[PDB]
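Below is Proteasome subunit beta type-1 with bortezomib (bound form) bound.
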Amino acid sequence: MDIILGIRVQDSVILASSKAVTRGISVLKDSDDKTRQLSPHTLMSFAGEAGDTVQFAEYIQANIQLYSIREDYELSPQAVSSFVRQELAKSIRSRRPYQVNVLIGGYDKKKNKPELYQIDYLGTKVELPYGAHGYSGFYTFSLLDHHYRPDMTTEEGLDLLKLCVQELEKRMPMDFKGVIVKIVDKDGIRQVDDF
Amino acid sequence: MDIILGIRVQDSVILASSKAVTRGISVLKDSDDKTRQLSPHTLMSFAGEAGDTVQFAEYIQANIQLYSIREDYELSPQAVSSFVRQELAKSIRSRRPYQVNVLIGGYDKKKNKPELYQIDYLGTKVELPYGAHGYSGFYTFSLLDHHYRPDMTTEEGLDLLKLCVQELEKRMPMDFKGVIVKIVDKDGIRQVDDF
Amino acid sequence: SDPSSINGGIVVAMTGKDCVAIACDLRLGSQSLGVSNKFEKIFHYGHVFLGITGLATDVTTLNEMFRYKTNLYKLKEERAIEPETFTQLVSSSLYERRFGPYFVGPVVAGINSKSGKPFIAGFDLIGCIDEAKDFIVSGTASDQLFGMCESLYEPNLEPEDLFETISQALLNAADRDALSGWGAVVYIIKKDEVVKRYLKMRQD
Amino acid sequence: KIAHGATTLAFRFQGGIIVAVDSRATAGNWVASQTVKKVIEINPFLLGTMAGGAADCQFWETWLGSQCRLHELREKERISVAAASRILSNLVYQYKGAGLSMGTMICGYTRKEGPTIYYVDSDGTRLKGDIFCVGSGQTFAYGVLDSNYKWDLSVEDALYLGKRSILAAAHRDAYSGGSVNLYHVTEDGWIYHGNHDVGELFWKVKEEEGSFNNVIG
Amino acid sequence: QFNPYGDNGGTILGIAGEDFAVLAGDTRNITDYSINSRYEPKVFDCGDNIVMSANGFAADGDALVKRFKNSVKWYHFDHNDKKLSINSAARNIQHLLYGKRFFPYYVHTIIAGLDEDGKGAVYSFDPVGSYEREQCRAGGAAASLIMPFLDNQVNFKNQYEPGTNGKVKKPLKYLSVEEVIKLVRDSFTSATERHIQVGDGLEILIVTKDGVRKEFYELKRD
Amino acid sequence: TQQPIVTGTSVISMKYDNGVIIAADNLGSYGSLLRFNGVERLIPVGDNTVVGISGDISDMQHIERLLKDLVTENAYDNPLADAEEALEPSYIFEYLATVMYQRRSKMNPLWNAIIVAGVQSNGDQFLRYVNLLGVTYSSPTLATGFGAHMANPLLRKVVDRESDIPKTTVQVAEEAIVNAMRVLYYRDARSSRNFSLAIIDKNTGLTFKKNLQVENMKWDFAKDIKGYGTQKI
Amino acid sequence: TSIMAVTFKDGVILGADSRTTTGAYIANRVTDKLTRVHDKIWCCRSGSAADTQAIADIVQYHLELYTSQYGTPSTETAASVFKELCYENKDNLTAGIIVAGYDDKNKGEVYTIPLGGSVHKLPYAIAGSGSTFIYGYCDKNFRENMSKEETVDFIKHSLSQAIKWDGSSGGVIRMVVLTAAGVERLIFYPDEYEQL
Amino acid sequence: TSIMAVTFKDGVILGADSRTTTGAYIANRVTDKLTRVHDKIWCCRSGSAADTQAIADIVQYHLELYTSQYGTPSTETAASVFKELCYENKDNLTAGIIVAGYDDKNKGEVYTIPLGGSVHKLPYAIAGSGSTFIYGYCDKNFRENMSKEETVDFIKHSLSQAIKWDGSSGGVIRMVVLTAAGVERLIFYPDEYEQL
Amino acid sequence: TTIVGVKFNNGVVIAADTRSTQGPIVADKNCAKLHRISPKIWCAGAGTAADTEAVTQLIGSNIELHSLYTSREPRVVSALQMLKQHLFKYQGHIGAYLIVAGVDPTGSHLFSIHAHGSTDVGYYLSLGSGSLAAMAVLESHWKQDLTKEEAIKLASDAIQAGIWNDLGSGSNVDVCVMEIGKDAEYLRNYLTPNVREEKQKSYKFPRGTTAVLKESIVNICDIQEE
Ligand SMILES: *[B]([O])([O])[C]([C][C]([C])[C])[N]C(=O)[C]([C]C1=[C][C]=[C][C]=[C]1)[N]C(=O)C1=[C]N=[C][C]=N1
Ligand SMILES: *[B]([O])([O])[C]([C][C]([C])[C])[N]C(=O)[C]([C]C1=[C][C]=[C][C]=[C]1)[N]C(=O)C1=[C]N=[C][C]=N1
Ligand SMILES: *[B]([O])([O])[C]([C][C]([C])[C])[N]C(=O)[C]([C]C1=[C][C]=[C][C]=[C]1)[N]C(=O)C1=[C]N=[C][C]=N1
Ligand SMILES: [Cl-]
Ligand SMILES: [Cl-]
Ligand SMILES: [Mg+2]
Ligand SMILES: [Mg+2]
Ligand SMILES: [Mg+2]
Ligand SMILES: [Mg+2]
Ligand SMILES: [Mg+2]
Ligand SMILES: [Mg+2]
Ligand SMILES: [Mg+2]
């Protein structure tokens, strides 16, 4: 799929993902949720080749849910991100690699800190205050480089995110049909229904 | 460029043309007028390869304006369309062909009839009640086939045109940044500034 | 397309009097797009230091692999691995993937704990050992680094002098490479103390 | 390996036109130059920006200056920005297919037109507009421009906006950097507003503005 | 298929002083892994106190220099023996190069001399004629090895004054002709060590108000 | 654009104290077929120049005709054609170099590598190379094709730099050339035993030697070589 | 490569040039292309040096193991083992081999195995790039039941011409004589065979 | 195609097979490849039938016009006109021609012009696809100053072998004898030359 | 790369240059191309550096185990056979071009081996990009019944020809002499005709020239007691 954005503020991680799904000539859907909850305090958004994206996301989801039941314990965002990276690093030298890029937004309950990880299909992991995949960063990073602070509130993070989406809607050729925004904090994961 | 539409109603011809100009990655402009007045009662819209579109349109414009001065007389839409077709038919077997598709909307003052001509870059001319170029027809023709009447008013034509643009804005992947609409009738050419 | 120049980056190592130095830039990119200015390319297992340039996923994977192997080494051997021995392990590990290689440019640096002798080594992506006396270079600005090192370097430099030489070699090489820069780190390594210094440089 | 990579912009405002460019030229990953002049001084009243082919832009915009000089000798009047931009676009259109590489903003300020900018392309495109941004770092500069642009900017604030937008691109785009060249175009001619090293400019802007908190300084 | 281009290797270096200019180049000429000549002059005195080198494909390089020398001759005939200034020579060379825009001279051209105020001047060109005045420019095979060193030792890049710690830059003090030649020699000696196409000999042409002087130095022959 | 059909292999040459020596074998190959065994690839121009040519033989014969026509043209309205205004090696080379570069620039080259050896009016040795690309260079030793890889290393041991030229006699220089031709016969699969050699001396003039053969060859040791490793019989 | 094997009254003689080339460079001017797979069963090798060496080594192994179990193998048997390797691995091999041997029962025999891996029993055989130039000469000059001296002259004259015209052939002319008397190696140098 | 020209005591004799092929189909089994460009200047044609016919027709025109102005042309002159056409149009031509002629002053001469358009004066020449197989035979059997009967036998035996081994060569062996006496055509059929 | 091998009276000598290159860049100026397969069996390698190293170590390891198994000193023909069969199996993809030499109870031996697995026997051999320059010298000066001193001279002269005339070769000459009834003598940097001249200037910087953001001590020691 197309645009996925991420920003880590003071006490939460915010992920924004486009709603459009395009089969070449036509836009088949305008309400697609490009994310999966891996654990109560960990969310993963994704974009890449059709089919592979959902198949990979659900495979990861199943593995983390299995771990949660076995140990009766939630893995840290760092631990989940490392597991996901290894799977993609394994995948890139396979017969047919997963063509999937992901952002992992999680709140570490032990350290009481939000964490955002950017991982591409090669298995290239980086921890960032804000991140993106594809062409999304080319438009948005200049705005984030200017306005971003580590001590921003969740509301300020959403406002900065609106400015990023507005710039995308102005300068990108493709109509991505807006974004679904989700917030990850100490209380868990929730969706912003009006954006 | 992208989308150009045309519809011939009772007493006028309406041309609608997208405002976007895209240089690969970025949308450089969102207010581009993809048309040229060939004579007081003849308008030509255009779409195709960059540069060739404007160069061709202006070349045609100059030739028709030259004819108008020489004879002190306005050529009929049919006569202008035949001239344009011949130029494109000449062009297709040249060293480097004009990669340009056009619609010619004109009001014939002799016959008191609106006329719409569709001509592609090969020099393929057809007279139609409504027409389009590129992928525009794939979305819009089903609506026009259902709703169109030869006795429609200009206002009804604009309403049917709005329905076509709405369907394009829903199902097309590219953001074409709306359309500039122009009306050609007995009184000449005017632009609908609110659409 | 070329795996060794997608992410960009550089590593350089030098020997001095009773010391060694290893340094790297901090950039990680996706071709033209700068992604991270905190991607450190130098790792250490005990007193042995390893710098790795090239494809970033392989950089990360190999670090995790050599941490894995040096930890098992230590448990069985009951001692920390030495630079000479680690160099052979890196070579062996890379060559086992002869026809499906990790797209990397590793650089080993350290001092032998028993003999006290300074040691550096470089490799190609498939295992060949370059054991130079003077200096080793790696990454997308290796040509630039060769030019800097070959003119700036002199033997038997004191730790604080060696710091200046290797820093200037890295900085000026990085500034002539689009895919390198965005910060830098320098390790000064002595027999029983190691100092780590982040350098101030242009951020374009 | 011809040189490649750039960030160039130009925008119309109350006080005329701001032109801002980076200074970097790269042959692959190798940085060939950090001191490239990407604004061509066509004449004292007209400016052009360099993106795509360096020679193509240099050669044909110098040539354009010669044509503009011949026009005003013959017509005893300053050439319009519309006419000048058209001489260049018609010229490159003749060469279409042969492999010219050009993406430029022809910038001027005349009595009849006011401040005017034309984007001219090697595939024959000629677009009038208020804000243009061309090069490998164009998307980064557009972000800063779009969110801060107003018609009623002061000359001082407009100059800074153009400087700040190139800096944004220079930071993120690997093939942009070196230094920033600023120009202000008025009706009585263009005025040069200096060369600004990006290395020094970045730290200065970081401290004074509070931006780039992601970068340690 | 016939390939009209070739690569003769070699490396050139132009540095502009305060009241002088140098244009240096190695004397080795090669194809693939063979040496054609250990001494094949590459930097030329073109008259009017201008020195020139067109590095890359030697056939195109010789053709361009030959045509420029010819241009200087006809400039004298057509304009009453007027001295061709370095800036005017630079613009003329652009038109020579761009004249073959669609079948280029496969060379990196550098000229050196004095401007009309007597100050040192170096101009640099790409194969299709884009040019720029510069203080310092290396061209050819080992250009990537030499330029970063010159940035550091001529323009004092990344160098700051002790005690201040990054706050005060090292001041850009002017270099003498003796100092420049030292940097040229060390640039080529270092390039020779790490680049196979660089070696054999180094020929330097120095331009001052008094005229054009030559200096030669041996380089490693392996 | 073409492909070379009938081809000539190496041309080798060097400078010595009083002049220059040049040599080339008498073969015209047709791919791997050693078709023509009596081809002269050294072509003298006057009494002061010898042009040695390798590569395409049809193009060599064309160049041979150009040089023949050049001598005729120079004699026209020229009372000093056999004296002060005679053709120099430098004149002949520059002409060929001009033609070679012009032909490559029309994408229709003369598929040759050429060495012009001679002695100038003032006694100076002339030795310069030109090929299908118009590339030119000079050196105390020059060779084409395989000669560049095998002959030059041997000839450079005699004359390594400019200062070695006055110390090198005609006997030592000829010896080195003849040895190089033997080495090329051992190792070049498109060479022949028969060759021509030319000496241009400032005192004794042009000496053109035809029907020379490679001699004093070492082959006896071949009898002791058996199998490719383990085989004893 | 110019190779040949010729049956005569007392047995068979193998002949070969000594040139190995990488393009136009002669990588070995004194190569031994006459190879032993059994006491009195030898072969001439043409094509890839690596492939024909690998094949010959495998055949020697097979015939050594054959001998330990079943006694001396026939020349036909040796040819069959060569064929099996050349036929079954035709996609990956470039090998043109002539097999020649002497039995007491069957006397001198020659089998040629071209690229495809087919087998052809012949009174004499020629192969390699240089053989093309002597099809005419060999066909006109070969007779059955020649003497040793006549057969040596036939091979010497034939390979001399093949060497003269083929750039890929040259050096010394090696020969191996297979009779009841034993195994004799012969060598002939350029000065001898060029003047023929 | 198998073609050759051989000088001898009384003059020169041209020889050729009669096969024309489109791939493996014989489009003409009785082709005449020995062609007349002047009374006693003939040529042997190999390569493209169209190209070599076009060239020969042009040469015949040039030599006819030469004769009207300057009298009888030399064989060298005829070869030069052939060369000019083959050399200058090398990119577009596939023609391997042997030129043979008889003067009274120069006697029998032979010039071969291969693909590149080079010229080579020789005592005898062989060309065409089938010539490869008789380089050995011809080199061993050619002598200078042979008699008419010996030269006919040499060509007959040579082309017989070339035909035997080359699929592109076959049919009858045509020959043309050029001497002071005049022009004589000879033909030899399969039953005659196959049993040689 | 220039590598050579020369037979003499009572043994064999091999030699090599010391330049390694990545394209037109010199990766290592003093590279060691003479490899030990066993105490008295050495080989020089050209081509892909990792491959020549790896294939020598593997066969050298198996040769050692074979020597221990058979209670016999290893033979050159065994190293030759093991190397060629390994290289043949990998169809030339293992880019190792070797000159194998040594002394054993059978005598003194000299072989070449190419990447595709073909072997050759000779009294004098040369491999690598400078093999033509070296072979020119060998073909000019080689004779039968060379002494130890003459063979070393000839071998090193052949390498020099490669050093000076081939751009793929340079720096120093390494030699190894293997004589019958003696220890093999490995002469590392036998000749050193390419020492760099003194530089015109010293580029030692004043202390504090480089701008620094942060300093910190790195903990290389283990977790401490108490
Ligand atoms: B001969 O030319 O066929 C010859 C016989 C071989 C057994 C020594 N072959 C080669 O020389 C081949 C190349 C070749 C030439 C002509 C036809 C087929 C093959 N050479 C090699 O195999 C070779 C060359 N250099 C190194 C290793 N191997
Ligand atoms: B001979 O084989 O070269 C022959 C001589 C020709 C003058 C009669 N040529 C051909 O038969 C050619 C094909 C060819 C075969 C072998 C080598 C080169 C060329 N054939 C034709 O030209 C031909 C065939 N059919 C119709 C027309 N032309
Ligand atoms: B020599 O030139 O053959 C030399 C001998 C080698 C065994 C030490 N070879 C090389 O230097 C090779 C050249 C080469 C380059 C690229 C692909 C294959 C071969 N170089 C290396 O193997 C090499 C290059 N860079 C780093 C390490 N090794
Ligand atoms: Cl072999
Ligand atoms: Cl015919
Ligand atoms: Mg990533
Ligand atoms: Mg950089
Ligand atoms: Mg940048
Ligand atoms: Mg950057
Ligand atoms: Mg060098
Ligand atoms: Mg094989
Ligand atoms: Mg031969």
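Here is how names work: the chains are called A, B, and so on, in the same order as the sequence lines, proteins then strands, and each is numbered from 1. Recorded method is X-ray crystallography, 2.5 Å. A restricted portion of the entry is shown here, and the contact count covers that portion and nothing more. Only this structure's heavy atoms are used, side chains among them; waters, hydrogens and symmetry mates stay out. Whatever order the structure lists them in is the order used to number ligands and atoms, beginning at 1.
To find every copy of bortezomib (bound form), look at ligands 1, 2 and 3.
At a heavy-atom cut-off of 4.0 Å, the other chains in contact with bortezomib (bound form, ligand 1) are listed as G, I. Each of the following atoms of bortezomib (bound form, ligand 1) lies closer than 4.0 Å to a heavy atom of G:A49: 22 (O), 28 (N). Looking at G:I26, G:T22, G:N28, G:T1, it is G:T1 that brings a heavy atom closest to atom 5 (C) of bortezomib (bound form, ligand 1).
Scanning G:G47, G:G170, G:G96 for the heavy atom closest to atom 6 (C) of bortezomib (bound form, ligand 1) points to G:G47. The entry refers to chain I by the name Proteasome subunit beta type-2. The deposit names the source of chain G as Saccharomyces cerevisiae (strain ATCC 204508 / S288c).
This entry records a covalent bond between bortezomib (bound form, ligand 1) and G:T1 OG1. Contact annotation for I:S118 and bortezomib (bound form, ligand 1): only side-chain heavy atoms (C-beta onward) come within less than 4.0 Å of the ligand. Within bortezomib (bound form, ligand 1), the atoms closer than 4.0 Å to a non-hydrogen atom of G:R45 are 7 (C), numbered from 1 in the order shown. The closest UniProt active-site residue in chain G to bortezomib (bound form, ligand 1), going by heavy-atom distance rounded to 1 Å, is G:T1, 1 Å. In this structure, residues within 4.0 Å of bortezomib (bound form, ligand 1) (heavy atoms) are G:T1, G:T20, G:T21, G:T22, G:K33, G:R45, G:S46, G:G47, G:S48, G:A49, G:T52, I:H114, I:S118.
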